[PDB]
J.: 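This is the structure, below, for whatever I ask next.
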Amino acid sequence: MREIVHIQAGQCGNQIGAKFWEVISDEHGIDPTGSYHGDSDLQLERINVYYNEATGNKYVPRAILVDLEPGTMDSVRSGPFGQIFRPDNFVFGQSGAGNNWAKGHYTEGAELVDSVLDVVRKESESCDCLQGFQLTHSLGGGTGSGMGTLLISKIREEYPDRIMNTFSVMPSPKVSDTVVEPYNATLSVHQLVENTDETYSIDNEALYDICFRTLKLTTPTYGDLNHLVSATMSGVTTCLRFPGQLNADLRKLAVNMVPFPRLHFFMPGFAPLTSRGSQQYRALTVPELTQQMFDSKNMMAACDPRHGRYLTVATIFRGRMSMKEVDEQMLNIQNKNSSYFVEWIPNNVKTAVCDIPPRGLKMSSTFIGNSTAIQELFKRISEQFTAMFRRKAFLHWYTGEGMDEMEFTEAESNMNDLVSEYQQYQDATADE
Amino acid sequence: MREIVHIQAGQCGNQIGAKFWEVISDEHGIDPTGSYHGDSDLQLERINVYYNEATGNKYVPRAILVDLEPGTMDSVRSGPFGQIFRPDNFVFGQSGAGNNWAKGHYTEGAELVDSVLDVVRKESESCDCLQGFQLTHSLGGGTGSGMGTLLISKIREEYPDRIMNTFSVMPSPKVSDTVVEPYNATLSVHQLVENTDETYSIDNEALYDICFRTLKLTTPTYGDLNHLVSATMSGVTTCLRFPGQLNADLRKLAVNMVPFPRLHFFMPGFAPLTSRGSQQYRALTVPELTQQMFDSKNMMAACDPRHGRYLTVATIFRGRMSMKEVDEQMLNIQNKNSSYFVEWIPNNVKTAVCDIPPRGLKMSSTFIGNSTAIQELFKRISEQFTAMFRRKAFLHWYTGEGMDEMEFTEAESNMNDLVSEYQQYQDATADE
Amino acid sequence: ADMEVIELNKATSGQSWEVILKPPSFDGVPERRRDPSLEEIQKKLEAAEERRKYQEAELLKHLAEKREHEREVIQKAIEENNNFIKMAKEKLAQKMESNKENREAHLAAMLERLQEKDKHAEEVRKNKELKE
Amino acid sequence: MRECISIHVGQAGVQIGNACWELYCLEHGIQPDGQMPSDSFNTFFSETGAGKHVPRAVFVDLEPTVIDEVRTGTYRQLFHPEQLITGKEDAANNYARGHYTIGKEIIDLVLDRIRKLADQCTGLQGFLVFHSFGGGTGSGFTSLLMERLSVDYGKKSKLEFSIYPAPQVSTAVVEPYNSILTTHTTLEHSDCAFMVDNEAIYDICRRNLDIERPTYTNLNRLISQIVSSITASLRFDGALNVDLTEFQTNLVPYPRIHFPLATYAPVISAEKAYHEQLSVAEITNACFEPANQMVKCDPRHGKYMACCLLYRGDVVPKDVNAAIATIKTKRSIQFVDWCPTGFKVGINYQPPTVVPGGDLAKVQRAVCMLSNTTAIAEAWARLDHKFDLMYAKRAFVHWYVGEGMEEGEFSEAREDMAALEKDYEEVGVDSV
Amino acid sequence: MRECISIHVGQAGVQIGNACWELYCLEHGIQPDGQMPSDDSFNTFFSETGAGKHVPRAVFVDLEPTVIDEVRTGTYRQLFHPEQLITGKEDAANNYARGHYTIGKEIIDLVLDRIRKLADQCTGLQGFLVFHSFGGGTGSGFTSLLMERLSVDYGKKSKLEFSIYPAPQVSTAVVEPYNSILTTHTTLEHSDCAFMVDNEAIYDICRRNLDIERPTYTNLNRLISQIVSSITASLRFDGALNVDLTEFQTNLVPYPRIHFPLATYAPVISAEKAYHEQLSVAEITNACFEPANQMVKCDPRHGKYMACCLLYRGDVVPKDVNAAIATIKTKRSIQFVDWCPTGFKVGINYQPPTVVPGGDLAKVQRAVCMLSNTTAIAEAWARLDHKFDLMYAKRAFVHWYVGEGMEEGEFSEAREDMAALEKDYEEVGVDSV
Ligand SMILES: CC[C@]1(O)C[C@@H]2CN(CCc3c([nH]c4ccccc34)[C@@](C(=O)OC)(c3cc4c(cc3OC)N(C)[C@H]3[C@@](O)(C(=O)OC)[C@H](OC(C)=O)[C@]5(CC)C=CCN6CC[C@]43[C@@H]65)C2)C1
Ligand SMILES: Nc1nc2c(ncn2[C@@H]2O[C@H](COP(=O)(O)OP(=O)(O)OP(=O)(O)O)[C@@H](O)[C@H]2O)c(=O)[nH]1
Ligand SMILES: Nc1nc2c(ncn2[C@@H]2O[C@H](COP(=O)(O)OP(=O)(O)OP(=O)(O)O)[C@@H](O)[C@H]2O)c(=O)[nH]1
Ligand SMILES: Nc1nc2c(ncn2[C@@H]2O[C@H](COP(=O)(O)OP(=O)(O)O)[C@@H](O)[C@H]2O)c(=O)[nH]1
Ligand SMILES: Nc1nc2c(ncn2[C@@H]2O[C@H](COP(=O)(O)OP(=O)(O)O)[C@@H](O)[C@H]2O)c(=O)[nH]1
Ligand SMILES: [Mg+2]
Ligand SMILES: [Mg+2]
């Protein structure tokens with residue numbers, strides 16, 4: 001595993017993914033033309049991981065922008081950086097999913113599916129090495145949840161020996177776009193649990209709650225929620241972009257993070273939490289940002305870390321800080337909190353220290369955790385699903401698109417199976 | 001019975017044979033070119049026993065230098081006496097035994113065995129009347145203990161009517177830290193008891209015990225101890241090597257020394273004991289000369305002479321004095337201690353007087369005894385063997401080479417059989 | 001007492017005489033064979049050679065069969081290695097193939113689960129596509 | 001004559017290999033290409049037609065950048081191209097990946113280059129394999145390389161240099177899985193195995209070398225010193241500088257019991273301590289002090305089956321002999337009943353050579369200890385517990401099974417360790 | 001005519017041969033080539049050649065060459081006829097079975113077809129004079145084989161031997177008593193008479209008479225030669241007593257088994273201790289009965305006598321000899337057996353006592369030799385048998401003999417002969433039927 005092809009899906013996915021490319025570029029030092037402008041030599045550290053070596057001094061990003069609506073396909077190019085992406089990979093859709101999973105995964109998706117699954121074998125075949133493919137998609141709408149999972153299933157069928165990484169920005173009723181969201185999510189979670197090697201669970205409720213309460217924005221905008229969302233993506237992809245030698249590969253991450261196939265949903269945690277395009281900051285030192293892994297107020301997935309047990313943890317430290325103290329204080333959050341870390345997986349918490357920090361943040365901490373507490377997120381979605389499904393409400397939007405009632409029953413069943421699996425290893429003890 | 005063929009085996013055997021040759025050539029009067037330089041004409045008519053009549057005013061020694069390692073084959077020729085030996089008599093292999101008997105007697109030995117069996121063929125065919133064969137080999141290592149006994153067995157099969165003489169410089173834990181030594185020795189002692197007509201037991205514990213106390217040196221190497229063995233060798237090498245008629249033949253010695261076939265291991269005794277550096281000069285008297293070679297402190301085999309009984313004794317005197325007081329002391333040391341001489345073998349102690357004598361110091365005496373006390377030496381080796389063997393330690397080094405577990409059990413059994421045989425005649429009385 | 005002289009003989013280069021001091025005290029009666037024969041001496045020597053040349057020949061019996069035993073033990077040293085190296089390749093080639101037909105079987109089992117989805121995405125438009 | 005092939009496999013194998021070749025060349029005075037104008041070192045480094053010193057080593061890693069770092073770095077072109085073998089994608093810290101998956105593609109190619117260096121040897125002894133325990137290649141590929149070499153080379157020697165996993169230094173959660181899996185498949189193969197615990201060495205370059213955060217450069221600089229001490233005896237010839245294969249015999253009494261314990265003294269940093277010199281007696285008792293050893297365990301609570309003491313430079317026998325007497329008297333070092341013997345001593349002429357741009361200080365005398373102790377089982381016991389902890393719930397097992405591995409292969413591997421622990425437990429017992 | 005063939009076997013036989021023949025050259029005047037300066041009886045030991053030289057009628061045999069090569073390189077090389085000296089390659093290594101059964105077997109036929117040719121030059125050969133050691137391999141192995149073959153090849157021809165009894169004081173092997181007993185048992189019936197010479201007895205009359213502390217075989221044999229060249233008195237030169245070798249069995253040997261006389265010689269003179277008075281009879285006649293001047297360690301003060309032969313060399317008149325006998329007969333510890341009388345067959349030879357010019361023994365005007373068959377000789381066999389029984393009890397060195405093809409029973413049979421012979425010498429001392 002050596003080079004990653006990025007895919008953007010739907011309104012959310014295309015916006016979060018663009019804002020990711022917007023923040024990832026200024027870290028490495030790439031201008032909106034494609035060319036490099038960075039200070040040192042340690043930024044273009046085998047850039048062939050996210051950026052494709054273009055016809056000259058240029059470095060075009062290896063991203064495939066996909067959406068069933070032209071609305072998001074005439075927005076980011078007029079905005080910041082957007083001009084950078086290759087023209088051909090902009091796979092447009094004139095029709096639309098209309099926040100319906102069945103339309104996105106079956107009807108409208110089928111026409112554009114084979115079209116997008118020809119623009120990547122003209123990107124991955126041009127890759128002298130290949131890690132896999134990472135997808136930025138929402139689980140609430142129609143294009144991200146529907147079509148996104150369809151590409152996931154199609155490329156897994158075509159490329160079985162690669163890692164399927166995902167940025168699953170799942171729905172919340174606190175920031176909902178549609179009533180049908182629990183149907184869309186459950187149907188895609190069922191697809192995710194079976195077809196992805198690893199997934200970053202980006203809970204909209206968590207983003208909203210850190211915006212509304214911690215950041216204290218009376219009316220949180222998508223941009224505000226996406227700002228923290230991108231800041232989390234930079235922090236996570238850090239290893240996959242710099243010479244850290246600590247699960248810096250897509251496979252090495254999975255083998256260090258997933259102990260059981262179905263339990264591959266990661267609860268991301270970022271610190272410090274910053275207000276979009278502002279913050280002068282007071283700056284948090286090594287001890288001040290270590291313990292913020294147990295504080296749920298720093299979780300990007302609305303699940304209390306102390307409610308469950310950490311199966312595997314990947315801690316990333318961005319910025320200049322003595323690594324000697326960084327591990328020392330990272331050690332104290334174990335010997336004083338041993339209850340929340342599974343005894344049966346020795347040295348399960350792994351630390352990484354880099355030189356490249358995020359946007360305005362001089363020093364940051366990013367906790368990729370595989371906590372059994374994520375069951376709370378799926379419980380919420382299942383509870384939201386069983387509410388409408390007990391009423392067998394809005395089902396005619398899906399059944400009319402060709403779908404079956406049983407197709408929902410398995411998607412639901414397989415999800416409550418996953419919750420019980422997460423509870424299974426939470427209640428599990430190393431005997432003695 | 002007028003010609004002999006010398007064979008050198010392994011590091012020890014070659015680093016002793018060359019030292020025996022550099023002392024005996026100097027004893028007669030032959031320079032390192034091959035030519036003669038000696039004073040008189042009396043020591044001349046006896047060189048034909050150990051030296052070959054060469055193509056001119058020179059004499060080449062009848063020696064076959066054998067070793068599986070080239071280390072000892074590029075050492076003595078660069079030193080003092082080495083180029084004197086015939087070039088085609090330097091039959092040496094490249095891949096050594098590695099202090100393993102099974103490797104030397106079976107594996108690495110087999111390839112070079114038939115090769116040396118052709119060198120000994122040529123030298124003995126060029127012999128008018130061959131006496132026998134004498135081998136200088138150690139019992140601790142692999143080449144001497146292993147290959148040496150293999151030549152012994154092969155020669156005995158090819159030349160059944162010749163005497164097999166040996167200088168068996170057997171191992172001690174006081175001088176060498178190699179662990180397998182008791183295995184190497186026991187396995188070769190079993191070969192020696194069956195395939196040699198006569199053997200000089202050179203106990204390295206005895207010459208190690210000849211260190212400082214009243215021996216002059218705290219820090220030895222090997223050469224300093226090799227000084228004593230070459231002096232003991234040159235001490236024996238004055239019977240069938242000089243005009244004197246005593247045991248002036250290899251067979252005549254055996255018929256006068258071995259009363260029972262298996263009891264052919266001789267405890268050599270040399271006096272006066274001199275250090276390699278310091279000199280006694282104008283000292284040592286005839287009654288004091290007789291007194292030394294009958295006590296433990298002068299024995300070349302670490303066995304108390306008063307702990308057993310002398311079956312047969314061969315006393316050699318290198319000193320131009322009157323043979324009256326030389327034998328007057330002989331028939332007075334035994335009347336005082338008649339207990340340590342078997343009554344059943346009349347006049348068992350035989351004296352020899354030669355008219356040279358040495359060059360270093362006018363007084364010299366060598367004793368060849370067949371004492372039942374030698375059982376103590378074999379007991380020690382058997383005790384050292386049964387320590388490692390009782391649990392089967394290091395046996396894989398031998399079993400892996402093709403050897404069997406039973407092969408050790410017979411070698412051990414046959415040796416404890418020899419100790420009981422030596423005790424048998426020790427407890428034997430001329431009563432009934 | 002008398003010293004009686006008999007006077008033996010007389011010659012040019014020496015003479016001799018017998019002397020009897022005292023008379024002899026006594027006078028009385030005591031006062032298969034076929035020895036030696038060549039055929040018996042050459043018989044006892046032939047028989048001596050018959051056992052001497054036997055003992056040395058019988059010595060070669062214990063030496064020649066022991067030598068061809070060292071030949072079988074060194075032969076065993078290689079044939080035990082050859083029957084180990086055969087077993088080493090026998091296990092490896094079987095285990096390497098075992099892992100081949102193990103992972104190539106799950107790959108087909110994988111592309112069955114995510115192949116039956118295409119059958120479901122064929123039954124959907126069959127359940128859909130309605131102009132009525 | 002007596003050549004030795006050094007095979008370096010994985011990130012640890014390559015990096016510890018390049019760190020010691022840096023010292024090996026400094027032990028003679030070789031330049032970064034092969035320049036050393038006006039021996040015994042030709043055993044580890046061959047000679048070309050041009051008149052330069054070509055290496056008789058081979059570096060293999062399924063990932064390129066590690067080997068690329070040496071083919072572009074400081075010690076460049078002292079080697080030819082053929083022997084620095086590389087693949088594209090790594091074994092992603094998975095045994096099955098390095099053994100069955102990626103390793104299979106490179107196995108025949110390494111076992112094609114393997115003889116086109118072995119054929120350039122007049123008579124090679126065997127191999128020196130350098131590998132990690134927790135790495136994908138260091139475990140997977142080494143095991144396959146060892147298995148296949150036993151068919152390709154047969155009974156030939158294999159002396160491995162295993163790197164025991166430490167939690168503090170950068171690792172993977174699956175390291176004990178890879179550790180147990182590799183040893184089980186390398187017990188019947190590999191004649192000797194020198195283990196080096198990263199924790200034990202991390203401790204001394206932090207407690208004796210005062211470096212709070214030591215990098216692999218500092219880590220390997222210490223490893224190199226012990227490997228250079230273990231070797232040397234075959235790379236040089238002193239007065240009585242004992243060969244490793246000769247005392248391999250003294251160390252390995254049973255085929256499975258081939259794990260010696262490495263210890264080194266003195267361990268002093270370049271800063272301060274110009275004074276005091278360091279006495280001959282102090283370093284000898286430091287060998288028994290559990291602080292200065294390469295593997296974490298207590299030899300105080302365990303039985304000694306062997307004890308090989310290796311010395312460097314400024315050392316005299318009388319001071320060494322007295323230093324051994326002080327450990328026999330003042331200390332209660334429980335030696336096993338079946339061997340006495342005791343210690344196998346070996347003094348080397350070469351002074352302790354240090355890296356000029358390194359951290360360690362130049363000393364007059366250095367000592368290395370080999371000793372086969374029952375206490376090594378305590379290191380296996382740590383590994384087996386961690387394995388049984390993860391295996392109980394089958395954590396990360398799916399990653400191995402996915403690469404074609406059988407679930408029973410794990411239980412069989414643990415059964416070998418369960419038998420080997422019993423084997424080390426049995427050898428202490430003592431007979432009636 | 002008469003004649004005498006001298007067969008020398010082993011190292012002792014040969015070295016004692018080149019001692020007798022030297023004192024057989026200076027008596028006559030025969031110079032090292034064979035030429036004579038010139039009674040009528042010297043031809044019994046020397047044969048006239050075509051060229052003119054006098055070749056001695058003898059044969060030297062040893063399984064080892066260097067000992068006979070010593071004579072072949074010596075001044076008397078041209079004396080003995082070039083092919084006369086027979087040699088083998090390897091010795092009998094002080095083993096009876098080696099010299100008798102194995103290495104001797106290869107040379108046996110060659111020696112008796114050689115004696116054959118020197119015996120054909122005799123016009124009525126008397127018999128043989130065999131010279132051998134008791135302790136060597138050859139001499140006590142080959143001699144025995146040679147003797148049993150001379151009895152088949154020559155029949156009823158009288159052959160006498162000169163055995164060299166082993167002494168611990170000179171050279172010696174541990175197995176000497178084994179070789180001693182084995183040879184006598186097999187050579188007893190094939191020998192008409194046997195003169196034993198104890199090396200100890202002659203070694204204990206050189207320091208105390210010739211004044212030589214550590215003597216060599218040259219000094220030892222120089223004395224032996226004098227007694228052998230006193231035993232051959234009338235054989236070498238026309239006398240009256242012992243004129244033929246059959247005239248040794250008649251006067252001495254009373255029974256086939258009892259054939260061991262005791263040799264004695266006087267005077268024992270050196271050339272160092274100034275110049276003393278020429279002491280004749282009644283001074284040297286009593287010296288014959290003094291056990292000091294004897295060749296065998298025996299005490300005839302207890303052993304019952306059989307016969308005597310007082311042999312003289314020099315100018316001695318019968319009148320003073322019978323006057324010397326009268327002085328010795330008066331009160332002495334000597335007694336004869338009942339049946340055999342006190343009859344000494346005294347003989348005198350006019351010839352002067354001849355000595356080696358480059359030797360140590362001095363020229364005397366008169367010399368005396370005494371042949372006496374005494375019971376006391378058994379305590380020289382008793383010495384040997386005890387040493388044999390001591391070693392054979394535990395079978396020490398027996399494997400060396402058995403190895404050369406010998407039977408273990410051959411030892412017990414040999415001891416049984418000595419056990420019978422000891423009884424034979426013992427039973428003689430009884431009165432009388
Ligand atoms: C190669 C033969 C030799 O003559 C014998 C020793 C080795 N060499 C070189 C000198 C030497 C010695 N030791 C060395 C260590 C390293 C480098 C060189 C040496 C040597 C010596 O000091 O010369 C004065 C020596 C060695 C030993 C030695 C004495 C000695 O001085 C002569 N000991 C007798 C043995 C020894 O094994 C033993 O059995 O004594 C109890 C002993 O074991 C102990 C202490 O228990 C000891 C040291 C005393 C320790 C460990 C094992 N070795 C093996 C042999 C033994 C020693 C002498 C020369
Ligand atoms: N002492 C030392 N330890 C190392 C070194 N490199 C890695 N390690 C350790 O060995 C283990 C990691 O194994 P690696 O060698 O890095 O992995 P690998 O052999 O390359 O196999 P793959 O990368 O999965 O293909 C951990 O204990 C590391 O801390 C090194 O250079 N020196
Ligand atoms: N008087 C005398 N005794 C001798 C002489 N040579 C040897 N002896 C003694 O006779 C015995 C030795 O017998 P040897 O004649 O030397 O041996 P051999 O007859 O040659 O038989 P081998 O050498 O075994 O073949 C010992 O008692 C010797 O001391 C000699 O020349 N004169
Ligand atoms: N953080 C974030 N969440 C979004 C955004 N857009 C939509 N969502 C959430 O995801 C769901 C709508 O998915 P969306 O991608 O917009 O529709 P699609 O175009 O058919 O895939 C709802 O749950 C929204 O709350 C966005 O821009 N940012
Ligand atoms: N006395 C003496 N003993 C030696 C010498 N060399 C080795 N040894 C001893 O003999 C044994 C080793 O035998 P060695 O000849 O070196 O091994 P080989 O070449 O395989 O026969 C050990 O017990 C050593 O102590 C030497 O030169 N002199
Ligand atoms: Mg690696
Ligand atoms: Mg002789």
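Letters A, B, ... are given to chains in the order of the sequence lines, protein chains preceding strands, and every chain is numbered from 1. When a ligand or atom number is given, it counts from 1 through the structure's own listing order.
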J.: Give the name, as used in the PDB entry, of the chain with the most heavy-atom contacts to ligand 1.
T.: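 Per the PDB entry, the chief partner is Tubulin beta chain.
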J.: I can't remember which of vinblastine, lividomycin, metocurine is at ligand 1. Can you help?
T.: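 That's vinblastine.
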J.: State which other chains have a non-hydrogen atom nearer than 4.0 Å to vinblastine (ligand 1).
T.: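 Other chains in heavy-atom contact: B, D.
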J.: Tell me, what does this PDB entry call chain D?
T.: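 It appears in the entry as Tubulin alpha chain.
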J.: Hi! What's sitting within 4.0 Å of vinblastine (ligand 1) if we only look at heavy atoms?
T.: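 By heavy-atom distance, those would be B:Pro173, B:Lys174, B:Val175, B:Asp177, B:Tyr208, B:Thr218, B:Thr219, B:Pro220, B:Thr221, B:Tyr222, D:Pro317, D:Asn321, D:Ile324, D:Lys328, D:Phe343, D:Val345, D:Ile347.
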